[PDB]
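Next up: a structure with MK-591.
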Amino acid sequence: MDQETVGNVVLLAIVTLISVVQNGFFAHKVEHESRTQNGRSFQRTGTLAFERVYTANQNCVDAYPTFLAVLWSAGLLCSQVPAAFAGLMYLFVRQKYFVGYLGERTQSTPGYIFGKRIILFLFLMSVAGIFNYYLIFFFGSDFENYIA
Amino acid sequence: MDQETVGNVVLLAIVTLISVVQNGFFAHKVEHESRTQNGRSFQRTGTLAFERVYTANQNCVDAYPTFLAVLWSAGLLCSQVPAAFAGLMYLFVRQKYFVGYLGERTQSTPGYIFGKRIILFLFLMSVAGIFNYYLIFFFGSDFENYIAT
Amino acid sequence: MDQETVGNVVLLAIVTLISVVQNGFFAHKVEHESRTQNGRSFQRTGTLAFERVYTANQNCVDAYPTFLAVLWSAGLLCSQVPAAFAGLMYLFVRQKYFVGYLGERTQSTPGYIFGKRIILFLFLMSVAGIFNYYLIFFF
Ligand SMILES: CC(C)(C)Sc1c(CC(C)(C)C(=O)O)n(Cc2ccc(Cl)cc2)c2ccc(OCc3ccc4ccccc4n3)cc12
Ligand SMILES: CC(C)(C)Sc1c(CC(C)(C)C(=O)O)n(Cc2ccc(Cl)cc2)c2ccc(OCc3ccc4ccccc4n3)cc12
Ligand SMILES: CC(C)(C)Sc1c(CC(C)(C)C(=O)O)n(Cc2ccc(Cl)cc2)c2ccc(OCc3ccc4ccccc4n3)cc12
């Protein structure tokens, strides 16, 4: 890997490897609940605590992809720094969402979706460069200097 | 990012950002159903409108990854154009499948599949370049002019 | 795409295209069970053959992303070979896990967490170069 390049991605790699690890966690607190009983054949309906976790997890597992998307698209098609930071916050919301979705009655994060703002934003850096590029492509070329 | 490069990917990016947005939709029509279904927390069951939506959605969520795969592999490993268009249709099938799945509840709609032809194709462009590359690696270098004795 | 570059990824592409196809299969053995036992909504603990499959499947579909991640991170950020191989074994565990999580009456494999060691490893190649790069930058 060309040391230069690796430089301008290291952040998204980091953040990604972070989320990669937080992910295995969510997937671990799902083992706890499938174990505390007859999950011995992995019954996908252990109850209250296990149904509350497999739920919270299988809600973050649907977010991962569509997040990673704008995490990079807004990482290459536009500044690898803000893209990687906003992507880091997303790992914070994911924590505080997969957390509150623990249980104990009440409205345990009655949401499937969460950090709408983050991905919305990331998607805006993506849509940013994606456009700004079309400019560098047209009125970026032309600029004819017929200095003959 | 290198202006030239960004150029030969802008389409996959576009199609991708499209699908990213259509995705957020699927996950929005799932919030409507978990909301009217006056729930406290949020279970995977409780209605046929919400159980029909969370289903349609969580069928497209299984497909996103395995599609994104061949969308790019067939986008870099061969033509960024067809790859990007084919991937565009896929977002049309996804629309028409995620739509028929609940509204009609008419036997003809059910199914965890949608667009096997597209991904299959995209996968053929990826398997295309992947091989053709092995040639350029092996035979592309050849040129028996060295027998100019 | 630059023939040189395509060279240093063809492995991860290969393994990936493989897992892409193994994936479509898992998604096929899920069609068989939704067909033999009808349904429009697969969200209530149903047929033990189709509930056993949609489970096994929707257990590998949560793994795909978090695996593909370290598959490449550990493929670019460090050796395209080991990364590609390790990722290959993961496709074998996947087969052996999504297989035992079927059977019949037999103790259908529990725990949807699998190949912990592979991803762990791949994650270490990624965390490898990720750091080693910081040295080449500093030293
Ligand atoms: C990089 C790591 C995390 C150190 S290696 C690793 C590990 C790391 C180890 C060492 C065992 C650990 O932390 O305990 N655990 C377990 C784990 C990970 C993070 C935390 Cl907080 C706590 C426990 C894992 C578990 C699964 C796993 O497999 C991948 C996987 C497969 C299916 C999934 C389905 C849904 C969601 C995530 C999924 N993840 C790889 C690893
Ligand atoms: C342009 C954007 C990127 C869609 S901004 C955005 C938006 C845009 C708007 C409508 C203004 C909003 O924030 O209210 N909604 C809402 C939305 C999205 C698409 C459509 Cl049709 C209609 C409304 C969102 C919702 C979620 C969301 O991300 C989180 C998320 C988490 C888990 C998911 C699991 C499966 C599928 C998608 C998932 N999405 C980003 C956005
Ligand atoms: C590109 C392919 C994979 C070669 S053609 C194909 C195939 C191959 C077959 C069915 C024989 C074919 O298309 O003619 N199956 C099923 C399959 C897979 C392995 C084997 Cl052995 C035999 C049959 C598929 C399934 C889905 C599919 O579409 C993509 C898709 C969409 C939703 C998914 C949801 C969860 C998991 C994976 C998903 N994959 C394309 C194909």
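Each chain is given a letter, A onward, matching its sequence line's place in the list. Since chain A takes its numbers from the PDB entry, the residues it shows come out as 1-148. Per the PDB entry, chain B residues shown: 1-149, in order. All residue numbers given for chain C refer to the PDB entry; the residues shown span 1-139 in order. The analysis underlying the following values was restricted to heavy atoms, covering all of them including side chains, and did not include hydrogens, waters or symmetry mates. All ligand and atom numbering here is 1-based and tracks the order in the structure.
- The chain forming the most contacts with MK-591 (ligand 2) in this entry appears in the PDB entry as Arachidonate 5-lipoxygenase-activating protein.
- Counting only heavy atoms under 4.0 Å, the other chains near MK-591 (ligand 2) are A, B.
- Chain A, UniProt TM segments numbered from the N terminus, heavy atom closer than 4.0 Å to MK-591 (ligand 2): 2, 4.
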